[PDB]
Amino acid sequence: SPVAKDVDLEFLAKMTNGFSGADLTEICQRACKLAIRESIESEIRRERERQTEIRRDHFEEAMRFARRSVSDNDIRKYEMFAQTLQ
Amino acid sequence: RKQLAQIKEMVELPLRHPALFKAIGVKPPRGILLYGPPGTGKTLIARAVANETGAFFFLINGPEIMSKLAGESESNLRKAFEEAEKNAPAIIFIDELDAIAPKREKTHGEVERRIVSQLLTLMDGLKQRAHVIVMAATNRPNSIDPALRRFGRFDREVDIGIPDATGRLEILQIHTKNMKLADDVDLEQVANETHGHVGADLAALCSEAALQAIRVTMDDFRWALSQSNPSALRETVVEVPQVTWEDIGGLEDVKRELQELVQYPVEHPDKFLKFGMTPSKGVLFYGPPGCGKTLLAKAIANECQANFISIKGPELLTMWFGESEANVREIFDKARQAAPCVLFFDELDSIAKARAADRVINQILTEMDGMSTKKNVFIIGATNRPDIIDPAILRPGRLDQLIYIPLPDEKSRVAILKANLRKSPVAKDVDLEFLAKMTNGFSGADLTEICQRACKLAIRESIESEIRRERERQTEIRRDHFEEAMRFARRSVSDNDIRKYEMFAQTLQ
Amino acid sequence: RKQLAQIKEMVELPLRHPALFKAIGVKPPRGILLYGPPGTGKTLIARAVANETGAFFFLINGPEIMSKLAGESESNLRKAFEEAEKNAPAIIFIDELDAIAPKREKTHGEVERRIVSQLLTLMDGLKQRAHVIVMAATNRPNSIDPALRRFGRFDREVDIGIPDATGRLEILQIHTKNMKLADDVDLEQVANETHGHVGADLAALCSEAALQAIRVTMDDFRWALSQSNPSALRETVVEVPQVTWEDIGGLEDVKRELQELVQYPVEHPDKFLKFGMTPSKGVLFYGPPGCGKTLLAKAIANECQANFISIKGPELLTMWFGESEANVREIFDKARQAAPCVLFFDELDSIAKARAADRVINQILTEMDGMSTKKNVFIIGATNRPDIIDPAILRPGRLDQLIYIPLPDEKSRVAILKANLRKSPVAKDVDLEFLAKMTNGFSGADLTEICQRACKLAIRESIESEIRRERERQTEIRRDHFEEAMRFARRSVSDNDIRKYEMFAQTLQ
Ligand SMILES: Cc1cc2c(C(N)=O)cccc2n1-c1nc2c(c(NCc3ccccc3)n1)COCC2
Ligand SMILES: Cc1cc2c(C(N)=O)cccc2n1-c1nc2c(c(NCc3ccccc3)n1)COCC2
């Protein structure tokens, strides 16, 4: 993927404490779809105006609706069931 | 001095400017009733008002009247009343009124009923013509026989409650101007630390502070504080709180909502009168338990410079489990009298949760219904369970407006770290936004327990090192501490719950 | 003598050094109220303080006043008060105050209300100017009419409760200095054995001890102990316990936790004041039923040389089932007055378990809320069921800190064997670590019942052999006993349960 270096991924590490892979994934995918959208929308806009990479804008855009998959309850449940499974 | 002002506006003008009222075709008050807890110097106040109006003063020590042989009591009363009547402008002040004139089935004998009757007839007997005012003392007006709070008798009532920081400070200054006060002594400190104290308790405090010096440093004051057992711990404190809105960083929408609900009709009433629509009776704060639902309610009172009253739910529980719903009436009376004011119910869900109960919640209903719209007294209902509150409370003309007081924002997280660390040693390499980001989904409570855990790590390291230095002599707080403290610190409220308020926020609407 | 000290600090300086206070601009106390059970010689104490201050002493035997014809009572009172007023420095001491001045709806007649009124007016009448102090006696201040515990009247209150071992010892020495005391007699033994005894019961004990000699050996004392029925069995014993931390071997983490919670703010307050954070209100001990949750709580009080008060849960149950939640207020007052102190609730789960109940637990709430933070009184809540405690109790500012008090460690097992066998014959071939290892997963209770079973095997073998030697004449404890005793001895608490506290320890956090 095209990813400019002003996508620091540790800004993303910290913010995504308690996140499952799935959420990181859907963050990335939402970003990528915002990018594609902006891209071809702008290209079609440029077709219509001719007939007279991905950056943390996209990402904090994408995180502005992105979950934390698994709730404390559950993880606590594996904790419990990890201890008492042992 | 604020207190005197009222009593002088009620006394002076119809004691020593009487002709204007009797010409303008009205009546002076003939029965000004002072009440509030003991340790308040109501007597002092009465004589103060008599001296500073310029009027004859006659004390009636209730005990003294009640100690006489049946007859000589009534005699003493008549005597007092004629003695005042004759020397008037006259204040007759009745100390411990409740003594002679109680709640009158707690009177296993007819002599007292005669004695009270007498006082009623005497109270009736006066003329505004005769230039006589009767003041009287008691803990609460519930104490006195209601046939004294007739219009003909003790019509006007003044509450001299607990004093607040400033009053306490004034009192301390007044009792300690005559004292060997050290430079390290802080009066304001003590004034702030002296919750539930009254004039008496503060006097006593100053006294033990003296005595233990005489065995005055700050140590002595703090020690005397360690010793003192204030009287008015148990009394419901009414004061305007000193939490600013800008102390509560963020939570903006709620600021503006609360302003539109409670601020606009006290601060721009012209408008509400103009458009004609009349204000919300009150509010309901719901959301997760880790927040300053209290503090917002305070903050809007502070913002409207109006009073504040917390009913902790254990008050409610105590009422339900005891079936003393009566006392709701008394609470609302107490708010009404201390207008303008926010009556803040904490844990409104308690009565309803814990299962004359819906009745305790219901007395609050009948009282919200019966309370006059115009009196500017707002009434904020806290919970965490909109789901359990008798929904009659959420009927319009009651707790009309619902507000989701949600988890703190970053600005607010910062605000709360700041609040929790206000008085503390905090080196600047504790950035609080490192702490803002890490604590997404955290309740106040968690920020708090982070701060406290840190502080305890600091104290621990400190005195452990000091004792280690005692043992080695007998041959500030920094993000080390904090990331130490966060390395066991929760996220209070689980997604489930917040999603539950979300859901119940949407579908409550 | 410790007791007198206080009363002399309250009396002497404003009886016989009065000008300093009245100049420095404060007030002496004019009503020092002594209370506590009968058998305490409050009268003796008053006259002691009057003689050792140098002051006129006037007794008012309540019964004597109440026995007069209505009128001559008030007469007697006025008389007494003027007689004192005239001869002053003056202590007016009122024996059985509750007699003249009771809880005043328990007064089926107006004469008593007049008599009390009189005493109120007389109490009001005094000046610090007149050099007069009024002391007074009763069982508990609940007895007296509250309008006597006004500031104007009996403001200062002193508790002369049960005496502890040392007091009992002093008293025994004092009553038995005049006695044919044998060499085998042990006063301290008896002092330690005399729980619930007061001055009177001890006097009586010494007396029967005499009389049965005169029919004094240790036998006589122990026999008189066998006979005596002390008065204050029923009274809630406040004393600093004498269990060291090092009596409680191991359980270290809890030691240090409890120290950081309860020790650091009484022993290094400078620090808590410095960092600014204010201490835990209290604690909650949970875990398995076989442990010394009591003893830890004692041990931290002992460590902080603070008092201790056990509310056994049967006190709680008695309150709930009777709906005498009132008495919580009285308990906290009793702790507050006996500061610093640990108020230890045992089986806090009882009220809640056994199903104005959440109210009894709730009164404890309102009291924890209303108790002043600064007063150094800690408040430890025992259970075995964190799961059942009204979680409002586990809300911050209440029982903030949870502590899992788990099963004893080997050091602690040893400690408990040692404790259970302290006074016993134990040959050195009872190694206690053989016993430490074998008893992994055991509660104190099991170690205890091991020891007891052993001891009973020993007694059995002993007296069986002695009787066998009587029958054959009419022609220490060793690991034999112990491995005998363990050959039927449980493991109290099952893995399930401990795993349950583990789980509920983790997920409680
Ligand atoms: C010391 C403290 C603990 C605490 C807790 C808690 N769970 O322990 C919850 C809420 C507020 C809390 N505060 C607190 N206390 C204060 C303030 C403040 N922040 C502004 C605010 C309040 C509620 C919301 C947003 C932001 N927060 C404001 O200054 C005075 C006292
Ligand atoms: C007599 C006795 C019975 C008992 C029991 C019991 N269920 O019988 C449980 C725990 C301690 C017990 N003690 C006991 N009592 C004492 C001590 C002590 N050892 C240290 C200890 C205390 C609490 C906890 C751990 C270990 N143990 C210390 O000496 C004074 C009294």
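The order of the sequence lines fixes the chain letters, beginning with A. In order, the residues displayed for chain A correspond to 664-715, 730-763 in the PDB entry numbering, which applies throughout. Just so it is clear, chain B uses the PDB entry numbers, and the residues here are 210-424, 447-586, 596-715, 730-763, in order. Numbers in chain C track the PDB entry; the residues on display, in order, are 210-424, 447-586, 596-715, 730-763. A restricted portion of the entry is shown here, and the contact count covers that portion and nothing more. Structure method, as recorded: X-ray crystallography, 3.8 Å. Order of appearance sets the numbers: ligands from 1, and atoms from 1 within every ligand. Values below: every heavy atom of this structure, side chains too, minus hydrogens, waters and symmetry copies.
For ligand 2, the recorded drug is CB-5083.
In this structure the chain with most contacts to CB-5083 (ligand 2) is the one the PDB entry names Transitional endoplasmic reticulum ATPase. At a heavy-atom cut-off of 4.0 Å, the other chains in contact with CB-5083 (ligand 2) are listed as C. In this PDB entry, the source organism listed for chain C is Homo sapiens.
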